[PDB]
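Complex: meropenem (bound form) / Class D Carbapenemase OXA-48.
Note that chain A is numbered according to the PDB entry, with residues 19-265 shown in order. Read the numbers this way: they start at 1 and go in the same order the structure lists the ligands and their atoms.
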Amino acid sequence: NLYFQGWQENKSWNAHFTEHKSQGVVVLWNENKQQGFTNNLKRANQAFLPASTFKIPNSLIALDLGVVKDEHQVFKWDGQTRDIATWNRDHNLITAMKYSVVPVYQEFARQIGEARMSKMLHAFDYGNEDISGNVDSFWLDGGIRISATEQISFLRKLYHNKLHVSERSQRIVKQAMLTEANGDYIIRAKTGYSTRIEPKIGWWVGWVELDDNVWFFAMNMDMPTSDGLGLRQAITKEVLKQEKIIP
Ligand SMILES: *C(=O)[C@@H]([C@@H]1NC(C(=O)O)=C(S[C@@H]2CN[C@H](C(=O)N(C)C)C2)[C@@H]1C)[C@@H](C)O
Ligand SMILES: [Cl-]
Ligand SMILES: [Cl-]
């Protein structure tokens, strides 16, 4: 009923990791040609905590259930001064995602509740579909795990409005995922940094929109310290540049 030609390996991309003495994986998917490429087929399929990349499915469910009315609704800061300054202020869905404001999304999670969260992730075919742990932190220190190639599968459904939520919900999240746009490309993506449970990793998942194609990407990389957080985007763009996807 369905055909997949199989990922193609390209170890030459490891130079962009070793150049910064880093370890990780980049996965690319050419949508027009239905071809996949990665520097490490084993790590492409290794599943990790999604950490803040969970804001994508969390946003979708919150919108679809009415927990979030639209992208303008204001979520008032609760008063708790936290170590990331941009969290210590009011937010809407756009800025809550831009600044990765965990406490706003923890509230979403509590209002969604266990049963609806579990049912929706099953409908999404998201990762291992396991929400064991605190309803408001399981994507940070509980049971859910997702690999880079699984992030691509999920993102392809979101891109095509094929997830089992409303088209509007999907359009709103793709708007909030907007990260960069110029005359050559649009990037819709979400960063992540998983620290509560070993191993500490950085994530960047999303896609590059071109005039007549879309390249999906999912990367993660070992991140012992926050010093190399910028390497998530930098390494990914080096691979994009090498493959001639962006100038
Ligand atoms: C998500 O995984 C964690 C938060 N999300 C992110 C992120 O998207 O990178 C961070 S990192 C923090 C916020 N922005 C700063 C940054 O990106 N640089 C200085 C480069 C640092 C949060 C930790 C969530 C689980 O806390
Ligand atoms: Cl989060
Ligand atoms: Cl947009």
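- In the structure shown, the parts corresponding to meropenem (bound form) are ligand 1.
- Looking at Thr209 next to meropenem (bound form), an N or O pair under 3.5 Å apart turns up.
- The closest protein non-hydrogen atom to atom 26 (O) of meropenem (bound form) is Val120 CG2, 3.4 Å.
- With a 4.0 Å heavy-atom cut-off, meropenem (bound form) is reached by the side chain of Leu158 but not by its N, CA, C or O.
- Checking only distances, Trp105 never comes within under 3.5 Å of meropenem (bound form), N or O to N or O.
- Under the 4.0 angstrom criterion, atom 19 (C) of meropenem (bound form) counts as lacking any protein heavy-atom contact.
- Atom 5 (N) of meropenem (bound form) has as its closest protein heavy atom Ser70 OG, 2.8 Å.
- Within 4.0 Å of atom 15 (C) of meropenem (bound form), not a single protein heavy atom is present.
- Atom 21 (C) of meropenem (bound form) has as its closest protein heavy atom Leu247 CD1, 4.0 Å.
- Covalent bonding of meropenem (bound form) in this entry: to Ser70 OG.
- For the pair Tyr211 and meropenem (bound form), the shortest N or O to N or O distance falls below 3.5 Å.
- Checked by distance only, meropenem (bound form) and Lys73 stay at 3.5 Å or farther apart across all their nitrogen or oxygen atoms.
- Contact analysis leaves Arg214 out of contact with meropenem (bound form), as no non-hydrogen atom separation drops below 4.0 angstrom.
- The shortest contact between atom 17 (O) of meropenem (bound form) and any protein heavy atom is with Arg250 NH2, 3.3 Å.
- With the cut-off at 4.0 Å and only heavy atoms counted, the binding site of meropenem (bound form) comes to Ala69, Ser70, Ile102, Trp105, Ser118, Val120, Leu158, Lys208, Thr209, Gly210, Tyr211, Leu247, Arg250.
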